[PDB]
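The model presented next includes tacrolimus.
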Amino acid sequence: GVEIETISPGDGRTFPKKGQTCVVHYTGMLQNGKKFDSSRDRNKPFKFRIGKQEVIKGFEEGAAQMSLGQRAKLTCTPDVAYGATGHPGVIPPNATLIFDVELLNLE
Amino acid sequence: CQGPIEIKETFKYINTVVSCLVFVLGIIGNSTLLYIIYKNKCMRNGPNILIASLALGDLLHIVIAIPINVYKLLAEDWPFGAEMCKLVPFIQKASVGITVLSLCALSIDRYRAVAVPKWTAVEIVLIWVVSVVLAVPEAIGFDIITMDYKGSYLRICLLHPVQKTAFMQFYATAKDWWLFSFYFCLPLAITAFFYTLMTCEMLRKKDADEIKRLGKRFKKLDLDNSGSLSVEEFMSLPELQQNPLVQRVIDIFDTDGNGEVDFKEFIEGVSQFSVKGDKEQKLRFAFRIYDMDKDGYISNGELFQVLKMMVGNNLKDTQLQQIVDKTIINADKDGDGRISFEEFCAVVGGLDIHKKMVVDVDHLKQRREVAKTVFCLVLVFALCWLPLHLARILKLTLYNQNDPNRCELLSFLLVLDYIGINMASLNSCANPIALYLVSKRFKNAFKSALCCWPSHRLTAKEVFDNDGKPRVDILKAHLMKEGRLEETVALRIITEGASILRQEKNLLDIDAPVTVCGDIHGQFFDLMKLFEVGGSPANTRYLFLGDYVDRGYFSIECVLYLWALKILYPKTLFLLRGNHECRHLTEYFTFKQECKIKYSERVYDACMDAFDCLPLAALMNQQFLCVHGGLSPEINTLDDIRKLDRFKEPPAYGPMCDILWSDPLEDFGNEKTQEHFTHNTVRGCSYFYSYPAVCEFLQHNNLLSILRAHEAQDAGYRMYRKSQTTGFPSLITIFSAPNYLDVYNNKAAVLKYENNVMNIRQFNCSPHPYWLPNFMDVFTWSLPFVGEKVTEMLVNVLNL
Ligand SMILES: C=CC[C@@H]1/C=C(\C)C[C@H](C)C[C@H](OC)[C@H]2O[C@@](O)(C(=O)C(=O)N3CCCC[C@H]3C(=O)O[C@H](/C(C)=C/[C@@H]3CC[C@@H](O)[C@H](OC)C3)[C@H](C)[C@@H](O)CC1=O)[C@H](C)C[C@@H]2OC
Ligand SMILES: [Ca+2]
Ligand SMILES: [Ca+2]
Ligand SMILES: [Ca+2]
Ligand SMILES: [Ca+2]
Ligand SMILES: [Fe+3]
Ligand SMILES: [Zn+2]
């Protein structure tokens, strides 16, 4: 259950590939519009690698469908999110998440 | 004879001194034992609550029986009534009822595992009631009869030589046989029978095939066949070269610190991750991840270095440090600047992380330490009550008065009988002593509780001077450095300030000059940045248009500082109400979660009492109407607001909600229709108010313009269309939150009004400390990642 809505277009030619590192800014908010985390609060990007399950399967699938420079709104249903367990202290159980993510660079 | 005369006098002072040593040690040893159980949340357990039942049962015997038992010896008389006489043996024979039965329950409980929970509560109550029912016979028979010594009338408690019923007559004759049977034979048989069966069950299938299974892998992982696993050989698995915690876990496995892991060390570590592993030990492995030097305590610099590995470059060195000091300070219940395992429990007790540290193995082999105490407590009981029962048996079998040298035999017996009583009393003050010396877990807790008996919360004497006026410089500096206040003083600021708000009218009268400020939304470090722009609050009048909380992480500092500033300057600082000062929104947003983490739930309630007293609007120099939101369809004149009842949570509809939620239209000043009010789709309630609505309201009340807030602006202000009647901008929005939500990157503004001159002063964002989402600490933040990583390593090491 991954839904991608385009906010600002990118170059449309460059895509993340397996084995390399994605550098993104992300803004994670619940389905009700409440924000809980964002890298822009820290003024540094978030680095993760494709294919090594460093992030939840919902976030990884959306990032692979984004182009370099593209910024899009992602929907993370609980099946491709923390699910029934949630995350202690942040995410209520069975919560759907919305991520606003901008791809800056790929290595 | 002649023997008993000197023996009784010899033990008259010996018995009373021992009872004093029992009293002093018993009252402090047993009470501290209870204080440990409830303070430490890991110590609750199920086998550790029956031990607390032993201490409570013995404490009652110590505080009642022992003192009056001493006064029997010294006075040789009963200065008390008959009711007390039936209370002395009833409790003394009841306390040993709890002691005997608890040791039986403790023995059954430990064999249960090898073969406060809901089923624990029935055990405690059933033990106590059953014990008391069997102490009734003592209470029935004791009374003051049949002594008269040389004309002196003395009161002495004893068992009745003649009983009301024959059942008590049987009890009186075989009293020692009943004491020896139910209180000595019954526990020692049950405790030993289950321990003998426990040893046999543990011995069988202990090694089993599992140790053979892990041995197959251990040789395989040992490439050089040196009999021990090196760090380089652990790096040989491709799946572990990307795990950041492999170097830490190898440190736990390497017990002796020689840098390499042998077979015995390998087997011990895997046992800790079994499906049958208990809660208290899996939390200890997670504890040992952070504890680098294995000194039992997590330090400030060691917690940072561990986190720096897992975080990576996702955070700065300053930001990761800042949350570490806050985590240490909030979790340090001892003020020693470092975290112990008991404090580590209080943070992560309910996180259920232990349910993730699971692999497919068995044979925890940890039943040694916990069961040593149970067998030691039974050991202490057996060696204290053995001499007393042995004296009575000696009387029954070997004593005969017909023997010529009868006096010599009674001489040895009466010396031992007095000793047997003294040792029997020692068991009431011995159980805490044995626990402190046997079990490491109780030993560490006892050391902290007794021997050991910025993070500094400001005290009431410091924030207030002798006149009751808070000192802003002290409060500002402490709050700016992440400091907090005492729980009482936090309530004092909120309550004292709220009273000043309670006396002030719904519609304020504010005279020029004055500074108008918009939303703050918990941006405390942006709030001080506001004050130099507008001027010092002492000599500059400020008007805040609402929104003091939510959307930030320093909401409580904004509340405390403004309410503190309200008390010091009631007539030059004016606070108005925004839509976030209600129970509806703070439940939805983070203000409530902030109050729980930062001060308490009780401070949050105090805020809502003050948030109800906040004024709704102000009249600025008789030309400007100042309000958080905008106009209302149900308000046409200013006196309408004066009639409202503001001391309540705002309703979902009505004039008050329309004041605190209404927004101007997107095409304000260029509306396609002439409708005055339309439904507000953005907010979900209240109304949109258009340009015709504003101009009519201004003219009808002889007003010039309207100052509002509650809408984010890139420049911090927005000058709308100028009114045709006056040539002045009809509506002004002031937004004084720079870099709102840290994602907008906007500017903030404050409005200066003086000499009929309109001035806008802007300022940008300021650096502020970093809080994790929902104000959590790094232990809650990281343990879901620690528990996942160590499980990823262990499954890759074993299962392959
Ligand atoms: C210090 C050590 C911890 C280490 C922390 C960091 C490197 C800092 C990094 C910015 C995380 C943020 O810390 C401020 C914070 O980001 C959130 O707020 C968030 O917006 C979020 O959902 N993100 C972050 C962006 C990528 C998607 C997702 C995520 O993949 O997060 C991952 C995640 C939670 C995986 C879980 C782990 C538990 C498993 O059970 C579950 O398996 C299903 C999967 C994060 C990146 C982990 O890989 C790495 C860590 O946890 C989480 C709501 C909670 C998380 O803090 C934990
Ligand atoms: Ca080797
Ligand atoms: Ca070793
Ligand atoms: Ca240490
Ligand atoms: Ca401490
Ligand atoms: Fe606001
Ligand atoms: Zn508002």
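All chains are named by letter (A, B, ...) in the order of the sequence lines, taking the proteins before the strands, and each is independently numbered beginning at 1. Each ligand, and each atom within it, is numbered from 1 in the order the structure gives. Side chains included, hydrogens not; waters and symmetry mates left out as well; all remaining heavy atoms used.
- Including duplicates, the parts belonging to tacrolimus are ligand 1.
- Lab note: most contacts to tacrolimus come from the chain UniProt lists as Peptidyl-prolyl cis-trans isomerase FKBP1B.
- Other chains whose heavy atoms approach tacrolimus within less than 4.0 Å: A, B.
- Mapped onto UniProt domains, the residues of chain A touching tacrolimus mostly lie in PPIase FKBP-type.
- The deposit lists the origin of chain A as Homo sapiens.
- Recorded in the deposit, the name of chain B is Calcineurin-fusion endothelin receptor type-B.
- For tacrolimus, the heavy-atom contacts closer than 4.0 Å come from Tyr26(A), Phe36(A), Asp37(A), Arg42(A), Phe46(A), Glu54(A), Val55(A), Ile56(A), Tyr82(A), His87(A), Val90(A), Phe99(A), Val311(B), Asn314(B), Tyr770(B), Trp781(B), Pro784(B), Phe785(B), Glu788(B).
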